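Structure first, commentary second.
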Amino acid sequence: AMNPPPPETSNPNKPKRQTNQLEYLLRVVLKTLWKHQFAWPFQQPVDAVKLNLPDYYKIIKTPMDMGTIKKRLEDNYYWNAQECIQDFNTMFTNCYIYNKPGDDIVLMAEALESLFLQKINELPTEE
Ligand SMILES: COc1cc2c(c(OC)c1OC)-c1ccc(OC)c(=O)cc1[C@@H](NC(C)=O)CC2
């Protein structure tokens, strides 16, 4: 039924950086994933209330989604690119854990992960 508070996206106590790698993650990596036909389930936190999933947040204790990642990039939440890459991986891994191979949702996540891994590959050298 109830949703947990979303992952943190604002914290003036957390140190942050604006870097070319983080700029790339927003302007190239998130932009490309966001517009994908399979993005929609990943654009906001899993809504246990709306989707009637009483068990989701019992199984998934570190939830993540592109809506949260988007806020984090736009509001300069991160110290480094690795932090952001970890959020994407957490999001994919959550999906694989909660669901089973060959589920539509898993196929959709797998397709997004493929685009992601490719963009991550051309990540600029840090300045
Ligand atoms: C009643 O409708 C929906 C209900 C759910 C989901 C969903 O998006 C595909 C829905 O469509 C709006 C769903 C959503 C997101 C997930 O993670 C991003 C997930 O792991 C898992 C899911 C769903 N599990 C699947 C698709 O096997 C269960 C909850």
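Residue indices begin at 1 and follow the sequence shown. All ligand and atom numbering here is 1-based and tracks the order in the structure. All values below were derived from every heavy atom in this structure, side-chain atoms included, with hydrogens, water molecules and symmetry-related copies excluded. For this deposited structure, the header notes the method as X-ray crystallography, 1.9 Å.
The name given to the drug at ligand 1 is colchicine. Most heavy-atom contacts to colchicine (ligand 1): the chain the PDB entry names Bromodomain-containing protein 4. Listed by atom number, the atoms of colchicine (ligand 1) under 4.0 Å from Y98 heavy atoms are 20 (O). Heavy-atom contacts of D103 reach the following atoms of colchicine (ligand 1): 27 (O) (cutoff under 4.0 Å). Considering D65, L51, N99, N52 only, the shortest heavy-atom separation from atom 23 (C) of colchicine (ligand 1) involves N99. Among protein heavy atoms, the minimum distance from atom 17 (O) of colchicine (ligand 1) is reached at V46 CG2, 3.6 Å. The contact region for colchicine (ligand 1) on chain A lies mostly in UniProt domain Bromo 1. The closest protein non-hydrogen atom to atom 28 (C) of colchicine (ligand 1) is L53 CD2, 3.7 Å.
Contact atoms of colchicine (ligand 1) toward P41: 18 (C) (distance under 4.0 Å to a heavy atom of the residue). The distance from colchicine (ligand 1) to the heavy atoms of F42 drops below 4.0 Å at these ligand atoms: 18 (C).
The entry attributes the origin of chain A to Homo sapiens.
Near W40, with a cut-off below 4.0 Å to any heavy atom, the atoms of colchicine (ligand 1) are 8 (O), 9 (C), 11 (O), 12 (C).
The residues lying within 4.0 Å of colchicine (ligand 1), counted on heavy atoms, are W40, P41, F42, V46, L51, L53, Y56, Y98, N99, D103, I105.
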Tabulated below should be the N or O atoms of colchicine (ligand 1) paired with protein N or O atoms at under 3.5 Å; can you produce that?
residue               : atom   : partner : partner atom : Å
colchicine (ligand 1) : 20 (O) : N99     : ND2          : 2.9
colchicine (ligand 1) : 24 (N) : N99     : OD1          : 3.3
colchicine (ligand 1) : 27 (O) : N99     : OD1          : 3.3

